[PDB]
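Structural view - roniciclib in its complex with Cyclin-dependent kinase 2.
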Amino acid sequence: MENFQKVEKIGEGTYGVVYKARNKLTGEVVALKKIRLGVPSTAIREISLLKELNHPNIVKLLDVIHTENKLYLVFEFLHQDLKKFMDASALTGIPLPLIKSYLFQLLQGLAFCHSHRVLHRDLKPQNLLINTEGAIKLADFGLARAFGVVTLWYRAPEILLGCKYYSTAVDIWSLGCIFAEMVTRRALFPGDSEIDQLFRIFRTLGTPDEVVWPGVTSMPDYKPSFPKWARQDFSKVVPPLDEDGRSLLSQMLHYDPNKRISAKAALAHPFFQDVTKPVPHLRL
Ligand SMILES: C[C@@H](O)[C@@H](C)Oc1nc(Nc2ccc([S@](=N)(=O)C3CC3)cc2)ncc1C(F)(F)F
């Protein structure tokens, strides 16, 4: 930490504060994450795992600094998060080819994490990072299980209904909501509490039953008393997404995590037949 000059705070989350910083020796510009708390021996090994987990679409973890009984993670710096890019692109929308590129690339990262049994668990526009060359990368995970107002908007229903051992399918759910948001320019499920989140999901997708989701009615926080809403058609939920986009989105948004599409199969969905890598117009 002596080795870095902080340039500016660029974020804050569950696990710490993030600064853009410069290596005082070598002039490298990095993102420096100070982990909020001795460090436990099992976060140390979980972090060692992450350092090896490298992929073009995963933010690179450069160095792990466990000194004076604090933890710092030194990451490559990316110049913009997708939340800011979405906000900046609100008048016209992000062009479809660019949405499709990003969704393709994020599935590719997720496919890689998931083959390694690593889950993100908290995907959101603020955790997705872009560059001037047209890449997008997932950031700020492995953190979730390594260590043990929060946004709920991208939370899978199994998590809101009290499932303790959830699967990679929670990340596909999240990425689904995000896809929809890029296309409509509105948040799909903008909840402000756990039950508001769950009921906004229930009014759009319909209240889940044993028919759409076997097991649902015995989950910890399921209540027979939940209201009964009817599902809406995706034609109403995500115009102007074409039928291929909607076909894919419905598969990412299946109630039953085991029916929900995997990242690897999503990469083969007909939606990505004509995928290309456009260059975004970034104002930095
Ligand atoms: C994942 C999450 O924590 C962001 C803050 O983290 C990271 N962020 C970046 N770059 C970054 C750059 C610009 C912006 S900005 N808000 O669009 C603009 C100043 C307003 C945001 C983030 N680079 C690496 C990381 C990471 F640490 F994850 F490696």
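Numbering, chain A: per the PDB entry, residues 1-37, 43-153, 163-298 in sequence. Counting starts at 1 for both ligands and their atoms, following the listed order. Just so you know, these numbers use all the heavy atoms, side chains as well, and skip hydrogens, waters and symmetry mates.
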Can an N or O of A31 be found at a distance shorter than 3.5 Å from an N or O of roniciclib?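 N/O-N/O distance under 3.5 Å: no.
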Find the residue among the UniProt active-site annotations of chain A nearest to roniciclib; state the heavy-atom distance to the nearest 1 Å.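 The UniProt active-site residue nearest roniciclib by heavy atoms is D127, 8 Å.
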Heavy atom to atom 9 (C) of roniciclib, shortest distance: which of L83, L87, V17 holds it?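 Considering heavy atoms of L83, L87, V17, the nearest to atom 9 (C) of roniciclib sits in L83.
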Which Mg(2+)-contacting residues per UniProt in chain A have a heavy atom closer to roniciclib than 4.0 Å?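 UniProt binders with a heavy atom in range: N132.
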Would you happen to know the UniProt domain of chain A where most contacts with roniciclib sit?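 The majority map to UniProt domain Protein kinase.
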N132 neighbourhood, listing roniciclib atoms whose heavy-atom distance to it stays under 4.0 Å: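 Result: 1 (C).
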For roniciclib, which part of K88 has a heavy atom less than 4.0 Å away: the side chain, the backbone, both, or neither?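 Contact part for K88 vs roniciclib: neither.
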State the atoms of roniciclib, each with its element, that fall below the 4.0 Å cut-off from a heavy-atom position in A144.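 Once the distances to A144 are compared, the set is 1 (C), 28 (F).
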Please could you name the atoms of roniciclib that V64 approaches to less than 4.0 Å, counting only its heavy atoms?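 Those atoms are 29 (F).
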Yes or no: does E12 have any heavy atom under 4.0 Å from an atom of roniciclib?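 The answer is no, since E12 has no heavy atom less than 4.0 Å from roniciclib.
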Give the contacting part of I10 toward roniciclib: side chain, backbone, both or neither, where contact means a heavy-atom distance below 4.0 Å.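 The answer is both, backbone and side chain.
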State which organism the PDB entry lists for chain A.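 By the entry, that would be Homo sapiens.
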With a 4.0 Å heavy-atom cut-off (strictly under), which part of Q85 contacts roniciclib: side chain, backbone, both or neither?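 Both backbone and side chain of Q85 come within 4.0 Å of roniciclib.
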Given that the side chain starts at C-beta and the backbone is N, CA, C, O, which of these parts of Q131 lies under 4.0 Å from roniciclib, counting heavy atoms, or is it both or neither?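 Looking at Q131 and roniciclib, just backbone atoms fall under 4.0 Å.
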Has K33 got any heavy atom lying under 4.0 angstrom from an atom of roniciclib?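 No; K33 lies far enough from roniciclib that no heavy-atom distance drops under 4.0 Å.
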Filter the residues UniProt lists as binding ATP in chain A to those having a heavy atom under 4.0 Å from roniciclib.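 From UniProt's list, the heavy-atom cut-off leaves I10, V18, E81, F82, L83, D86, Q131, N132.
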Mind pulling out the residues near roniciclib? I'm using a 4.0 Å cut-off on non-hydrogen atoms.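 The heavy-atom cut-off picks out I10, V18, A31, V64, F80, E81, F82, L83, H84, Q85, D86, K89, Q131, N132, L134, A144.
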Enumerate the pairs of nitrogen or oxygen atoms, one from roniciclib and one from the protein, separated by less than 3.5 angstrom; state names and distance to 0.1 Å.
| from | atom 1 | to | atom 2 | distance (Å) |
| --- | --- | --- | --- | --- |
| roniciclib | 10 (N) | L83 | O | 2.7 |
| roniciclib | 17 (O) | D86 | N | 3.3 |
| roniciclib | 23 (N) | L83 | N | 3.2 |

